[PDB]
Enquirer: 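Take this structure first; my questions come after.
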Amino acid sequence: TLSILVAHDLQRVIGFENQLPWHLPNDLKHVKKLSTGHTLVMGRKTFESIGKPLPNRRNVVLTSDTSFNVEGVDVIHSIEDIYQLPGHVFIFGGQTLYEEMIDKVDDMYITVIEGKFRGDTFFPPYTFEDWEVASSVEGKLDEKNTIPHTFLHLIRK
Ligand SMILES: NC(=O)c1ccc[n+]([C@@H]2O[C@H](COP(=O)([O-])OP(=O)(O)OC[C@H]3O[C@@H](n4cnc5c(N)ncnc54)[C@H](OP(=O)(O)O)[C@@H]3O)[C@@H](O)[C@H]2O)c1
Ligand SMILES: COc1cc(Cc2cnc(N)nc2N)cc(OC)c1OC
């Protein structure tokens, strides 16, 4: 099982200046719940942004840099390496990885952030022509979590 795991806004912004544009504790809990006990594949910049590997799952960083050898992180050097990892693999970002993988994955877990953020990094356009909504769940709003948001599980048709 290969899946995309992404949050993006109404214009498919995912990133600004190597961080998430929004503060949304609930999306990160969503991420924790989905990926715990499984495998994340991410690009180097995304990892640097996050600093350390997420506890309680396999962290895999795709990078060209032969000197990368960080404790708790496995490194891969080619996309083709992804297909050799066992178990449930989530493509974790960023833009380059989504572009390379979106035609390849079984499904996508997308948080739609119902807002318009200033961004420098984007999720690629897709159609629901190609993707079936297996589920759509409204995020609940509170004072911790103030941006409307929807969790989609999409499966390739
Ligand atoms: N909203 C979300 O769900 C979400 C999730 C993740 C990240 N983000 C955001 O996305 C942005 C970062 O994305 P980004 O696209 O700029 O960078 P990125 O995907 O985090 O990392 C790009 C780097 O990954 C490595 N890489 C990618 N494809 C490769 C390949 N085929 N072979 C070898 N190495 C490869 C390269 O590392 P080297 O240059 O070291 O070789 C490349 O420079 C940030 O703003 C971040 O906050 C958002
Ligand atoms: C869990 O913390 C982070 C997670 C992510 C990636 C990410 C965040 N949300 C969703 N829905 N999918 C993703 N792939 C990206 C981050 O920074 C760029 C994080 O730290 C702030």
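One is the number of the first residue; the rest follow in order along the sequence. Indexing begins at 1, ligand by ligand and atom by atom, following the structure's order. As a basis for the values below, the full set of heavy atoms in this structure was taken, side chains included, without hydrogen atoms, waters or symmetry mates. Heads up, header says this was done by X-ray crystallography, 2.0 Å.
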Enquirer: Out of interest, what does the PDB call the drug at ligand 2?
Expert: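 Its PDB name is trimethoprim.
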Enquirer: Which macromolecule in this structure makes the most heavy-atom contacts with trimethoprim, going by the name UniProt uses?
Expert: Dihydrofolate reductase
Enquirer: Write out the binding site of trimethoprim as chain and residue number, heavy atoms closer than 4.0 Å.
Expert: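 The heavy-atom site around trimethoprim is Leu5, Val6, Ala7, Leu20, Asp27, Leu28, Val31, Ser49, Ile50, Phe92, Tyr98, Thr111.
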Enquirer: Just wondering which NADP(+)-binding residues from UniProt for chain A are within 4.0 Å of trimethoprim, heavy-atom wise.
Expert: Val6, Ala7, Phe92
Enquirer: Among protein heavy atoms, which lies nearest atom 11 (N) of trimethoprim, and at what distance?
Expert: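 Scanning the protein heavy atoms, the shortest distance from atom 11 (N) of trimethoprim goes to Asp27 OD1, 2.7 Å.
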Enquirer: Enumerate the atoms of trimethoprim whose separation from the nearest heavy atom of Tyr98 is less than 4.0 angstrom.
Expert: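 Those qualifying, in numeric order: 14 (N).
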Enquirer: Among protein heavy atoms, which sits nearest to atom 21 (C) of trimethoprim, and what does the distance come to when rounded to 0.1 Å?
Expert: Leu20 CD1, 3.9 Å
Enquirer: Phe92 to trimethoprim: N or O pair under 3.5 Å?
Expert: yes
Enquirer: Return the UniProt domain name for the region of chain A with most contacts to trimethoprim.
Expert: dhfr
Enquirer: Just wondering which substrate-binding residues from UniProt for chain A are within 4.0 Å of trimethoprim, heavy-atom wise.
Expert: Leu5, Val6, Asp27, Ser49, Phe92
Enquirer: Could you identify the single nearest non-hydrogen protein atom to atom 13 (C) of trimethoprim and state the distance to 0.1 Å?
Expert: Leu5 O, 3.4 Å
Enquirer: Which of the atoms of trimethoprim are close to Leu28, meaning less than 4.0 Å from one of its heavy atoms?
Expert: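 Result: 1 (C), 2 (O), 3 (C), 4 (C).
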Enquirer: Atoms of trimethoprim less than 4.0 Å from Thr111 heavy atoms?
Expert: 11 (N)
Enquirer: Does the N or O separation between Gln19 and trimethoprim drop below 3.5 Å for any pair?
Expert: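 No, no N or O pair falls under 3.5 Å.
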Enquirer: Which of the numbered atoms in trimethoprim are under 4.0 angstrom from any heavy atom belonging to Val31?
Expert: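 In order of numbering, the contacting atoms are 8 (C), 9 (N), 10 (C), 11 (N), 12 (N).
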Enquirer: Of all the non-hydrogen atoms in the protein, which one sits nearest to atom 19 (C) of trimethoprim, and at what distance?
Expert: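 Ranked first by proximity to atom 19 (C) of trimethoprim is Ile50 CG1, 3.6 Å.
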Enquirer: Within the 4.0 Å heavy-atom shell around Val6, which atoms of trimethoprim are there?
Expert: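 That gives atoms 10 (C), 11 (N), 12 (N) of trimethoprim.
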Enquirer: Using a strict 4.0 Å cut-off to heavy atoms of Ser49, name the atoms of trimethoprim that fall inside it.
Expert: 17 (O), 18 (C)
